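Here is the structure we will look at.
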Amino acid sequence: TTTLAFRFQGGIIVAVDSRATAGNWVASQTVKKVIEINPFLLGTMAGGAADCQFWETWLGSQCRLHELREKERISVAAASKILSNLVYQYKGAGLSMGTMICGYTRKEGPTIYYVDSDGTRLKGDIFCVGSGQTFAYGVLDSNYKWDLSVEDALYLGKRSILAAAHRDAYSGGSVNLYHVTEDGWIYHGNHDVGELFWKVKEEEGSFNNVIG
Amino acid sequence: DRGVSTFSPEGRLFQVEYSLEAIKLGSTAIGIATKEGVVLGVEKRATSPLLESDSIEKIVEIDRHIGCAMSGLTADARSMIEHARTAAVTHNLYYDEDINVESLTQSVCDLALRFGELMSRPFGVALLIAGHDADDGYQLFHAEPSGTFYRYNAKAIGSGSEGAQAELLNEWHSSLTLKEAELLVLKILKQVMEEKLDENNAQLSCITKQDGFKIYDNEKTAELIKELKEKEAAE
Amino acid sequence: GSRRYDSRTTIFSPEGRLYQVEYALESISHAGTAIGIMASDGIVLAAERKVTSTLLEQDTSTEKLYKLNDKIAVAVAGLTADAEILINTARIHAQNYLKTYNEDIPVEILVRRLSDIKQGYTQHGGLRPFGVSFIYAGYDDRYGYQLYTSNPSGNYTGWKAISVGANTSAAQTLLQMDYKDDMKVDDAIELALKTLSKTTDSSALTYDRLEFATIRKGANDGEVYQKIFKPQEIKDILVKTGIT
Amino acid sequence: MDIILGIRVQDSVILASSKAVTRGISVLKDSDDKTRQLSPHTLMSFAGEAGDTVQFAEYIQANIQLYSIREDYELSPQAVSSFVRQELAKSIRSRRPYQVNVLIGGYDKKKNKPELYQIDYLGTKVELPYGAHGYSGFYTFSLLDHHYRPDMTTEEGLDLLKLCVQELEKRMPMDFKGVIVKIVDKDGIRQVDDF
Amino acid sequence: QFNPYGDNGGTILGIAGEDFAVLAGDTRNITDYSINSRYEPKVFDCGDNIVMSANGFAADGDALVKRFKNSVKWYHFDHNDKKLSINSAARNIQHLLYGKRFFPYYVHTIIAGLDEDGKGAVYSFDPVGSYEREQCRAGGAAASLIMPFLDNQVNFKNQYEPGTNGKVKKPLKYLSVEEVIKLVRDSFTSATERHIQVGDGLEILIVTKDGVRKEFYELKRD
Amino acid sequence: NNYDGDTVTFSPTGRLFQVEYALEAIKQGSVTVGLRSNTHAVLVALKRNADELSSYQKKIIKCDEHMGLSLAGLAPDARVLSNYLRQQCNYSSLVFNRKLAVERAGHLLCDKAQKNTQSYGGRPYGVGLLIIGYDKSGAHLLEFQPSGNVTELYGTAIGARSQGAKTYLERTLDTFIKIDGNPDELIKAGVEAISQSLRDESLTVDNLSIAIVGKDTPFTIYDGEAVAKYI
Amino acid sequence: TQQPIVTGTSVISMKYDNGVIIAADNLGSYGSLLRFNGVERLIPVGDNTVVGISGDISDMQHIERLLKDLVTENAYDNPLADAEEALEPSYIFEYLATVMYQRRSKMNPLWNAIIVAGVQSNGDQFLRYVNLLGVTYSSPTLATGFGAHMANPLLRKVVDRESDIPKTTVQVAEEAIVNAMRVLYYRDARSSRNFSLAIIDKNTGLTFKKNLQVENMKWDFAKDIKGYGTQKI
Amino acid sequence: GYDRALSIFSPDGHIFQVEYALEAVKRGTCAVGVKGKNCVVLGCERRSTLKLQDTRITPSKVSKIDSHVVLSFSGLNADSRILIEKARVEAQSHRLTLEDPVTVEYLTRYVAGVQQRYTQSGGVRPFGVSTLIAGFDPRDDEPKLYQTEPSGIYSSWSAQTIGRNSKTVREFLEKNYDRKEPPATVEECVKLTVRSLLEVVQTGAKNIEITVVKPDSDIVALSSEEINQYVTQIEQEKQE
Ligand SMILES: *C[C@@](C)(O)[C@](*)(O)[C@H](CC(C)C)NC(=O)[C@H](Cc1ccccc1)NC(=O)[C@H](CC(C)C)NC(=O)[C@H](CCc1ccccc1)NC(=O)CN1CCOCC1
Ligand SMILES: [Mg+2]
């Protein structure tokens with residue numbers, strides 16, 4: 001899978017691919033790897049499909065219970081730590097999860113937390129997760145600056161997933177884009193790689209390795 | 001002494017009947033159901049003027065589509081609310097949908113008779129559970145410590161209940177608007193309350209399909225109190 | 001069923017008192033007097049034995065003064081068997097703390113733990129409370145010399161001088177009269193024995209009636225020594241102070 | 001987590017801990033602080049298996065902070081190190097042990113002395129003038145055996161630490177992305193922002 | 001050593017139309033190179049206009065269907081005879097499957113029916129309960145043979161408008177029930193030719209607003 | 001008197017007063033009627049309201065496709081016992097692929113109620129039940145009392161003023177037993193029977209509750225305008 | 001987890017127009033040793049059901065006791081125990097299938113393959129299989145072990161599909177079963193000559209046949225077989 | 001285990017064990033809480049029947065739950081320790097999982113929930129304790145003061161008192177405390193707290209304890225001499 005999230009001047013960009021595999025069998029090209037926990041919180045999924053879907057859906061329930069009890073939106077820190085403490089209980093049992101918890105709150109500002117199934121929890125500005133993470137990192141790190149336009153940042157996230165979809169055999173299908181602000185997350189569409197690749201090739205003049 | 005789960009010669013559980021007496025001593029809570037929404041209002045009843053009245057939380061959210069008002073030993077309600085919230089969220093987790101208002105009420109009422117020699121006594125609090133679902137629409141339920149619940153078009157509980165219920169008998173009709181129901185709760189609360197009704201010692205709330213469960217601001221309730229005074233003076 | 005025979009040992013009276021705690025305190029008021037006095041250079045523990053018989057083997061006997069560790073001792077007033085249950089628990093707690101932190105347990109932490117055990121018997125479990133009051137005499141490097149007392153309620157407080165058991169009202173008045181803050185161990189020894197000598201229900205105070213102990217930072221090269229007095233040594237200090 | 005170093009000088013304890021967090025093929029982060037303040041004059045650095053390290057460190061932190069509130073008093077470094085050791089010695093015979101190695105650097109306010117304790121995942125405790133966990137010590141102990149004196153200043157301790165880090169940057173295969181350095185003395189804990 | 005799992009073969013197929021849905025499965029049941037039965041029903045009417053099949057290890061499949069059927073019964077009891085929607089059924093099945101995360105049900109599950117807007121719905125599950133709604137899904141032994149064909153013929157993948165160079169895709173359409181059944185029959189005839197574990201018979205359950213209808217067709221018995 | 005403090009105590013004349021006090025809670029409950037022919041079995045229940053603003057308390061509960069009951073007394077106890085019946089019906093289906101016999105269902109309820117009458121701490125159930133069903137030996141009607149006593153009957157009634165309906169059925173016995181292959185006439189006889197237990201109040205549209213089970217008829221409950229036909 | 005010790009081989013069965021037939025040999029093998037020669041592996045339950053069991057014999061004897069106890073339990077507080085509330089083949093099967101799957105799910109199976117043969121109340125033929133894994137299936141013919149490989153092909157020539165069942169008489173069906181048992185004696189190394197056969201008919205009831213033998217065997221051609229290729233004498 | 005229902009309803013709808021626990025609170029030494037504009041002050045009575053005490057080591061009446069929240073009480077002293085310990089544990093547990101210290105309202109709600117649980121659990125009696133919980137939420141400058149009681153009800157107070165003769169001091173505070181303009185400074189708030197205790201205490205400065213809590217974990221306990229200066233100034237103004 002390839003998933004990424006990064007912080008910049010205008011908030012957070014989150015982009016993921018849509019492929020599910022069973023070994024070399026391509027099980028699906030239409031999976032949703034972003035979960036919308038609330039209007040200010042997003043979760044990304046990489047690893048076991050069931051593990052990710054079940055526990056991130058469960059996380060949504062625990063975040064909802066927090067706001068009923070405390071009359072206040074859960075912090076990104078607290079939400080990420082609920083998931084990391086849960087997987088830590090299951091450590092050694094064989095769960096497979098690589099996730100990013102991305103959101104805005106007034107007290108924290110825009111925040112990204114990496115959480116995985118061996119128990120690691122890390123705050124940071126940039127993360128790429130999954131089988132195709134290295135390919136995304138290659139494009140992302142070279143064109144990254146703090147002060148991209150929202151338009152340029154959305155494109156870079158889209159382009160980094162495209163890069164990984166191309167090179168990584170276990171990533172592909174389509175690109176789902178999100179932008180997180182003060183006012184919440186905004187969906188910026190599903191982009192099929194079968195059309196996007198050729199569009200990007202022509203307009204950008206990239207992918208000169210391919211017969212086009 | 002005597003068993004906690006003992007029947008009286010009339011065929012009633014002593015402890016359940018005695019808990020109903022505790023509920024009569026509690027502050028008044030009123031609920032009115034309409035086709036435009038369900039309104040829930042309470043008497044706050046601060047024991048002293050130094051007590052910051054906004055911290056009196058007798059109206060409570062269970063889910064976005066289900067609200068709750070209480071009367072009696074209000075400390076006992078916290079674990080009931082916690083169960084209701086968990087039951088509502090858990091059902092959404094298992095079934096990807098809102099939980100029915102009746103089913104939620106039934107879950108709360110299953111706790112009630114779990115007492116013996118489990119908890120050591122029944123709950124000393126009654127609840128008005130108000131909500132909306134797609135199947136049966138806008139609903140109001142009265143949940144007792146007996147484990148029984150009744151659906152109501154309108155219902156009062158607490159110290160002024162029998163006086164308030166007789167008034168709700170005359171005033172309620174099937175064509176009531178939401179604005180009309182708000183004023184009607186404020187009217188009946190003002191009638192049964194010891195102290196003079198204002199925005200600081202009484203609280204309104206409602207549940208609509210569009211906006212869900214909302215506790216009203218003190219500024220919003222103040223305007224509805226001013227609107228009530230003028231319309232009563234009008235004839 | 002069994003409900004019929006339950007005394008209900010952990011309930012409030014209408015006045016907001018714990019019946020069994022109050023009645024346990026009444027039991028303790030008949031027990032032999034124990035006095036603790038804290039000085040600048042040490043602590044004294046003095047206590048009166050209850051069972052005067054010429055045939056009691058005194059030199060091997062211990063009803064009042066018990067050692068908890070090298071730094072902390074207790075004087076008992078109440079049921080001796082109840083006290084020994086608590087004493088052994090306190091000895092274990094001290095060694096658990098030493099094992100964990102590699103430092104001797106601070107006096108207050110030991111006192112709080114025992115006092116919490118007593119509290120539990122008043123709030124849950126349906127058992128009778130322990131019919132014991134302790135005077136704790138101890139030293140640590142934070143607060144130095146400390147005197148505490150605990151009673152069956154589980155409440156504890158700190159003291160410069162204190163009495164428990166019989167005639168505490170009379171004893172506490174006499175201590176309040178003659179105690180001063182700049183006082184020393186030798187003076188506190190004399191005060192403890194004089195207070196028992198006046199409050200005692202017996203005709204005269206003798207060596208065979210007393211258990212006596214001191215905790216001094218007057219050991220060789222700045223250490224703390226616990227001295228549990230032998231019968232002959234109690235007899236000598238009675239002659240020295242001028243009581244016999 | 002890779003490199004954690006400690007050095008006890010005249011009037012302070014200095015802890016240096018690497019910034020890299022690496023999972024398999026990728027360096028996920030290059031600014032990771034591998035330490036927790038246990039009390040105002042006691043700092044614990046840590047390294048070992050992913051997840052276990054932070055979970056253990058924060059668990060110890062919570063317990064020492066609980067003790068501090070209850071007694072209104074700061075435990076000595078020796079007492080904190082003995083508590084930590086017992087937790088690890090208990091852990092090693094569990095269903096799933098904590099795979100975490102730690103250094104505890106503290107300033108004892110009673111004795112007016114810096115103290116450095118090295119404890120491994122088995123619960124093996126030693127007090128040392130200088131310490132390291134993992135492959136670091138294979139390079140750094142020989143250096144410190146040559147250059148260390150007990151009466152060194154904090155500035156001399158930092159220079160001696162630069163000489164350790166330079167050697168590790170020259171000879172170790174992994175890029176550990178530099179170190180965060182923290183000093184523990186009579187005035188508390190502070191971070192050296194430029195290293 | 002005792003192996004608690006087995007492989008009973010078989011293949012299943014769900015296709016969603018505009019106002020209908022089908023769930024088809026072959027009726028052959030096998031172990032190794034033996035045929036256990038030529039007609040052992042694998043697709044089941046579970047009530048509330050929902051059809052289900054859990055293909056793979058038949059004992060786990062039967063157990064799961066049995067537990068879901070029971071879940072529908074208790075959903076009626078506990079929520080005033082309310083109709084279990086297909087989306088709600090799917091989430092319930094995820095919890096049934098993930099409940100045995102560390103000793104899984106060795107099956108690939110497909111359910112079919114109508115959503116709350118009356119439109120055709122097919123949901124698909126992995127052994128430990130990850131799920132997704134789709135227009136198309138095949139599961140089981142010959143899934144690898146059938147799915148690419150469905151991508152091509154149901155979702156019109158790799159097909160373009162003639163004369164547009166290759167820039168206008170074939171536009172997506174809902175298929176009629178007659179057209180879907182033709183694709184189902186050809187899928188299973190093709191799978192039977194090339195997969196040894198597929199054959200004997202084809203049983204199709206069709207779900208509309210009017211209810212659940214059945215159709216049966218012979219397949220090759222070799 | 002001195003022997004009614006708990007369920008574990010016999011009185012000097014061999015009586016269990018707590019059980020008898022539980023039996024009293026049934027007599028305070030609203031009336032419900034049960035009757036059957038050879039083909040069908042019918043429950044008819046008079047539902048009770050708190051006041052004019054309130055709903056009418058539901059009296060009939062479905063246990064399986066072929067079995068269900070009506071209640072009189074403490075409704076939460078009917079919920080506990082009906083849930084137990086639902087589970088036992090369900091166990092029979094899942095393990096033995098067998099619809100639970102109505103006679104065996106009665107035996108299970110009896111034994112569940114009994115345990116509460118012999119042990120300390122617990123209390124008897126405060127509710128009476130009329131179980132109807134259609135199984136492999138045809139139509140059945142049972143009466144459950146929380147003493148543990150379960151009885152198979154052609155017809156009966158329980159609750160307040162239930163003696164009136166019970167006498168009518170005792171006269172009508174020879175007529176209504178013969179109503180085979182005619183559900184509407186069997187319900188008519190049940191509605192006419194429950195009418196003998198009414199005083200002051202009469203059968204309105206949201207007051208009446210009817211249920212039926214039979215040969216080619218699943219257990220179904222009729223409320224609201226569905227029972228206007230029979231008023 | 002265990003291993004089977006004393007074992008029984010094939011159980012074979014089929015439906016015919018008015019009922020079902022089931023058969024199994026009387027052997028309990030101890031690996032290659034043909035240890036016990038008088039073991040009954042068809043166990044009747046009432047007058048309408050026969051349970052045929054292969055695999056571990058200790059586990060078979062356990063199952064036999066469960067079924068015996070099931071009859072006792074069904075009679076309790078049941079005035080119609082010998083009539084409308086008698087045990088059915090479908091009830092007996094579902095019970096065993098539940099037990100088998102529960103035991104495999106605890107990683108402690110009953111190491112058997114079971115065929116429940118019978119006739120229901122309404123006259124319908126019942127024939128269904130269950131094994132140590134809890135796997136279940138029904139077919140006009142059913143067989144365990146070697147019988148699956150050798151008996152089913154022969155029995156399927158008589159009843160190839162559902163529509164062939166009314167066309168098959170009891171004489172034809174029994175003949176096919178008896179021939180199949182002979183073929184298994186020729187070819188299964190853990191079989192015996194002696195066997196038991198049970199017919200459950202909707203009209204004539206349960207007929208249980210003991211001490212049957214495989215007969216009309218062909219061995220005469222053996223005299224003409226010499227060497228393994230080139231040997232002439 | 002001992003399962004006996006000690007807290008039960010009586011015919012008039014009262015739970016006597018809960019009401020008798022309030023009587024234990026009535027017996028306890030007086031405690032008072034007053035919140036200013038930028039502070040909260042907790043005043044406590046020390047009964048002077050006990051002299052020859054060691055004031056260094058005797059359990060102080062105000063207890064820190066965390067660095068930013070304090071708890072005082074009236075009632076059984078031994079019972080109060082159990083609530084304080086549980087509250088301290090929960091404060092650290094909240095920091096561990098939420099990565100944020102407790103709000104004053106949250107800590108109050110927890111302590112109150114423990115008190116409630118002991119009114120409907122078998123084999124236990126209610127706590128003979130009412131608490132005043134005071135402090136400042138993290139990164140917040142608005143003062144917080146809450147009260148709990150044996151039943152488990154809790155609420156927020158501009159000012160409040162509990163314990164023996166609390167009726168008298170509540171009377172004083174109801175006329176002297178203005179909501180529109182509270183004690184603007186630390187001095188004004190401490191003075192009003194000492195004044196209110198001087199209505200009941202009937203002795204100089206050894207019987208009064210004061211603890212001032214300010215924003216950002218700034219908690220300090222006043223000494224005897226500092227309090228004695230307030231006592232001197234109040235009575236010199238009173239002589240007029
Ligand atoms: C694409 C990516 C790089 O792998 C990315 O991480 C995605 C992210 C998901 C979609 C959120 N991950 C997957 O696609 C996983 C990869 C993976 C597989 C197995 C274990 C861990 C990770 N894919 C799945 O989880 C897969 C989704 C299905 C195909 C829709 N499910 C399985 O492979 C499934 C369950 C595996 C399993 C079993 C027991 C415990 C835990 C996990 N296995 C099968 O269906 C087995 N087999 C049956 C016959 O057909 C082939 C597959
Ligand atoms: Mg690729």
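Residue numbers begin at 1 in each chain, while the letters A, B, ... track the order of the sequences. The structure shown is a partial extract from the entry, and contact counts are restricted to the extract. Atom set for the values below is all heavy atoms of this structure, side chains included, hydrogens, waters and symmetry mates excluded. For ligands, and for the atoms within them, numbers begin at 1 and follow the listed sequence.
The drug located at ligand 1 is named carfilzomib (bound form).
Counting heavy-atom pairs under 4.5 Å, the chain with the largest count for carfilzomib (bound form, ligand 1) is, by its name in UniProt, Proteasome subunit beta type-5. With heavy atoms closer than 4.0 Å, the chains neighbouring carfilzomib (bound form, ligand 1) read A, E.
Heavy-atom proximity to A:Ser131, at under 4.0 Å, picks out these atoms of carfilzomib (bound form, ligand 1): 3 (C). Checking the UniProt active-site residues of chain A against carfilzomib (bound form, ligand 1), the nearest by heavy atoms (to 1 Å) is A:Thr1, 1 Å. Lab note: entry names chain E as Proteasome subunit beta type-6. Under a heavy-atom cut-off of 4.0 Å from carfilzomib (bound form, ligand 1), the UniProt bortezomib-binding residues of chain A that qualify: A:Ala49. Below 3.5 Å of separation, one finds an N or O of A:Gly47 facing an N or O of carfilzomib (bound form, ligand 1). For atom 9 (C) of carfilzomib (bound form, ligand 1), the nearest protein heavy atom is under 4.0 Å away. Considering backbone and side-chain N/O of A:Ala46, none are found under 3.5 Å from N/O of carfilzomib (bound form, ligand 1).
Distance remark: protein heavy atom present below 4.0 angstrom from atom 48 (C) of carfilzomib (bound form, ligand 1). Looking from atom 6 (O) of carfilzomib (bound form, ligand 1) to the surrounding protein, the closest heavy atom is A:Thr1 OG1, 2.4 Å. Shown in contact with A:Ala20 at under 4.0 Å from a heavy atom are these atoms of carfilzomib (bound form, ligand 1), numbered in order with element: 10 (C), 14 (O).
Residue contacts with carfilzomib (bound form, ligand 1), taken as heavy atom pairs separated by less than 4.0 Å, involve A:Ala27 solely via side-chain atoms from C-beta onward.
If you check each of E:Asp126, E:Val107, A:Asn24, A:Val26 against atom 28 (C) of carfilzomib (bound form, ligand 1), the one with the closest non-hydrogen atom is E:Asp126. Residue contacts with carfilzomib (bound form, ligand 1) do not include E:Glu132, since none of its heavy atoms lies under 4.0 Å from the ligand. Judged by the shortest distance from any of its heavy atoms, A:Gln53 lies outside the 4.0 Å radius around the atoms of carfilzomib (bound form, ligand 1).
Distance screen at 4.0 Å: atom 52 (C) of carfilzomib (bound form, ligand 1) has a protein heavy-atom neighbour inside the cut-off.
Considering backbone and side-chain atoms alike, A:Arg19 places every N or O at 3.5 Å or more from each N or O of carfilzomib (bound form, ligand 1). Carfilzomib (bound form, ligand 1) lies less than 4.0 angstrom from a heavy atom belonging to A:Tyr170. In this PDB entry, the covalent tether of carfilzomib (bound form, ligand 1) is A:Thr1 OG1. The residues of other chains having a heavy atom under 4.0 Å from carfilzomib (bound form, ligand 1) are listed as A:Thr1, A:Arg19, A:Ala20, A:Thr21, A:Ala22, A:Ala27, A:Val31, A:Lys33, A:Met45, A:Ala46, A:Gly47, A:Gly48, A:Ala49, A:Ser131, A:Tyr170, E:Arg101, E:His108, E:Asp126, E:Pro127, E:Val128.
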